[PDB]
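What follows is one structure encoded as structure tokens, with my remarks underneath.
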2 protein chains.
Amino acid sequence: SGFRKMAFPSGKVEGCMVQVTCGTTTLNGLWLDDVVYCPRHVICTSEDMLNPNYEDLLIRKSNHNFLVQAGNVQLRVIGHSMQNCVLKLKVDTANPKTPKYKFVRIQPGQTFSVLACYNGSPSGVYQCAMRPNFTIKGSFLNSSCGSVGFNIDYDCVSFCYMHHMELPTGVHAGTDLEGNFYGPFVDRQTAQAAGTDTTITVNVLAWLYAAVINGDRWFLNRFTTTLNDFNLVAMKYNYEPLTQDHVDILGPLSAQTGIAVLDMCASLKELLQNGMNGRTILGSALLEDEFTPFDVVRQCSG
Amino acid sequence: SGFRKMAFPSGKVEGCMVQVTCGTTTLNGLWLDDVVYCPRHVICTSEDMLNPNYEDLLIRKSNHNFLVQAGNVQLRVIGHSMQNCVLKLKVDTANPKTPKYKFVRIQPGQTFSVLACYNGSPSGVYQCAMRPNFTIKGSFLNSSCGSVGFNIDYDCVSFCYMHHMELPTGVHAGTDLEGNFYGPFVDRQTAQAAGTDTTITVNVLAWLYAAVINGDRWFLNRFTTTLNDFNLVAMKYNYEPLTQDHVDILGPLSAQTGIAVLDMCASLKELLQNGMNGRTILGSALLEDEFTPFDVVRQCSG
Ligand SMILES: *C(=N)[C@H](C[C@@H]1CCNC1=O)NC(=O)[C@@H]1[C@@H]2[C@H](CN1C(=O)[C@@H](NC(=O)C(F)(F)F)C(C)(C)C)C2(C)C
Ligand SMILES: CC(C)(C)[C@H](NC(=O)C(F)(F)F)C(=O)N1C[C@H]2[C@@H]([C@H]1C(=O)N[C@H](C=N)C[C@@H]1CCNC1=O)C2(C)C
């Protein structure tokens, strides 16, 4: 038993990380087959950041303006194209450590593992959620760009995130691996803010189910509520509305514990209304929303 | 910016996870060069969990009673020895994926990543601390045993933890990689309980320095303390005594912030009195004690 913020094992993705140099700019690339994916802002100088002309700055580049460094082995760029906000560099060498993979775009509320990298070298692995405001609360310093978000399904790596920037609130913004931004953000050093976030309610109900599965039961009450009446208490506390989608999705945890979603919703209502009376749930003083229903079933089943 | 409970990249340890079967018992082994390290309780039946005689159980065992599986490949056990509470199986094949490694025994307050494993397969990676009471707050199910804890310095994996048992408070006990238990615990299903846990004070201090590095000062005050006055107050919150050794270790974080350790001690003392008054520090409403001074310098300074 026990319940941790658990990351996916990172080995398949560590075998894919390279250093991409364009001029003085170094960041990370994902090397899959004979293509290296990286943020297009690698080609930007200091200047070329308030108003980058990407189409224009790209055409002024040769293949040999890009040094791609695969540990200590230098990869020769034999092609270059931009897809939205990712640069795709065709390399003379295919990655022998390429996993079973697809590119996937996630929803707000869905979780992933980040492999934080610097100069092509994996640094740390952590679990994140896509905030409803389409930011992630990562841990990213200078030269973290080209760090990727992933899920594993069996032996298949699902790449869902590439890291691009930090917003003034210390939160992070990026794209899928096709270079489409999550959220209303642009890859220019200009004034950008995170929108006001809300709490991923389905994830909190799923986290209370995890608490119950670990014999942490104190928050359980007698009230049954309606879906509407819980979504009215919820919207006052900046919680996401909970939809039948979200209720049917808690099925396996309601079955596992025998506790009906609406009985659990009546608990979280009471918790929203009061607080935790100097008690914790699974050793947190806050209502956690960065564990999906699949995360709780996954962890608890092994 | 940002601050995450962050684990080492798991690939170098994922390269080492095997399945060890005995009769009906399957658990995890650590495959390094031509030896598999696993829990000696793999040789236990249903009966023998209470007062196992390990020397008498093992003498009855041949090399060929030990089924070691690396992915598909079954390894050939050509030797067995007992070292404390670990079983060592000499196999006919050196692991080609053996990373640079050492075995280290850690102290309470030290942090490590766990690769959670079932049947030699990886579940997940998470960050843990050796609690003052020689337990860890893990996430471990049936057949979790042999799952290991580790740190990585550059390219070297230092193995520090092997999983053996869950105590009745839902916390975890294990050995070093020489099979010496952390704490007073034994590999028997005898009545055992962890002693009352204390907060790792040097870690909470290190984490407050991390919050200041990240731009947060709200919790500081114009007061200082003596080390002794600090220890009289903190010992009333079930905080570990802070030593001069702990003061010395916080020295780099002090230099970086320009806040003397005893001034930050004064800060913690007031936080213990007042709590957070609806505020959070690095997204927590509790005082976080599972980041070392070293972990903070690692994530906030690189
Ligand atoms: C990645 N390699 C870096 C810095 C990382 C990202 C997360 N934390 C970091 O410190 N990314 C960048 O330098 C990007 C890059 C230009 C500016 N930029 C930013 O992250 C800046 N932020 C913004 O301009 C904002 F707020 F709008 F997002 C910066 C002020 C340097 C943090 C480009 C092309 C967006
Ligand atoms: C919890 C249980 C009551 C079963 C027991 N605990 C106590 O006997 C104690 F309370 F005394 F410690 C206990 O863990 N074990 C009994 C037996 C080994 C260990 C065990 O079964 N290990 C499992 C590995 N195959 C993983 C476990 C179960 C879920 N989470 C874990 O970590 C040994 C100590 C020899």
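The order of the sequence lines fixes the chain letters, beginning with A. So for chain A, numbering is the PDB entry's, and the shown residues are 1-302, in order. We number chain B the way the PDB entry does; in order, the residues shown are 1-302. Order of appearance sets the numbers: ligands from 1, and atoms from 1 within every ligand.
As PDB records put it, the drug at ligand 1 is nirmatrelvir (bound form).
Going by contact count, the macromolecule most engaged with nirmatrelvir (bound form, ligand 1) is what UniProt calls 3C-like proteinase nsp5. Chains touching nirmatrelvir (bound form, ligand 1) with a heavy atom below 4.0 Å, listed by letter, come to A.
By chain and number, the binding site of nirmatrelvir (bound form, ligand 1) (heavy atoms under 4.0 Å) reads A:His41, A:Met49, A:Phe140, A:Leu141, A:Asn142, A:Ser143, A:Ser144, A:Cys145, A:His163, A:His164, A:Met165, A:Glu166, A:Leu167, A:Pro168, A:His172, A:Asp187, A:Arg188, A:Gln189, A:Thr190, A:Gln192. Counting only non-hydrogen atoms and rounding to 1 Å, the UniProt active-site residue of chain A nearest nirmatrelvir (bound form, ligand 1) is A:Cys145, 2 Å. Ligand-side atoms of nirmatrelvir (bound form, ligand 1) in range of A:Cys145: 1 (C), 2 (N), 3 (C), 11 (N), range being under 4.0 angstrom from any heavy atom. Which parts of nirmatrelvir (bound form, ligand 1) touch A:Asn142 is read off a 4.0 Å heavy-atom cut-off, strictly below it: atoms 10 (O). The atoms of nirmatrelvir (bound form, ligand 1) that sit less than 4.0 Å from any heavy atom of A:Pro168 are 26 (F). Looking only at protein heavy atoms, the nearest one to atom 14 (C) of nirmatrelvir (bound form, ligand 1) is A:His164 O, 3.5 Å. Close contacts of nirmatrelvir (bound form, ligand 1) with A:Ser143, meaning ligand atoms under 4.0 Å from a residue heavy atom, involve 2 (N). Which parts of nirmatrelvir (bound form, ligand 1) touch A:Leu167 is read off a 4.0 Å heavy-atom cut-off, strictly below it: atoms 26 (F), 28 (F). In the structure, the covalent bond to nirmatrelvir (bound form, ligand 1) is made by A:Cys145 SG.
The UniProt domain of chain A holding most residues in contact with nirmatrelvir (bound form, ligand 1) is Peptidase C30. In this structure, atom 10 (O) of nirmatrelvir (bound form, ligand 1) is in close contact with the protein, since a protein heavy atom lies within 4.0 Å of it.
Every atom of nirmatrelvir (bound form, ligand 1) with a heavy atom of A:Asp187 under 4.0 Å away is listed here by number and element: 34 (C), 35 (C). Nearest to atom 20 (O) of nirmatrelvir (bound form, ligand 1) among the protein's heavy atoms is A:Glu166 N, 3.0 Å. The shortest contact between atom 6 (C) of nirmatrelvir (bound form, ligand 1) and any protein heavy atom is with A:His163 NE2, 3.0 Å. When only non-hydrogen protein atoms are considered, atom 4 (C) of nirmatrelvir (bound form, ligand 1) lies nearest to A:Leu141 O, 4.1 Å.
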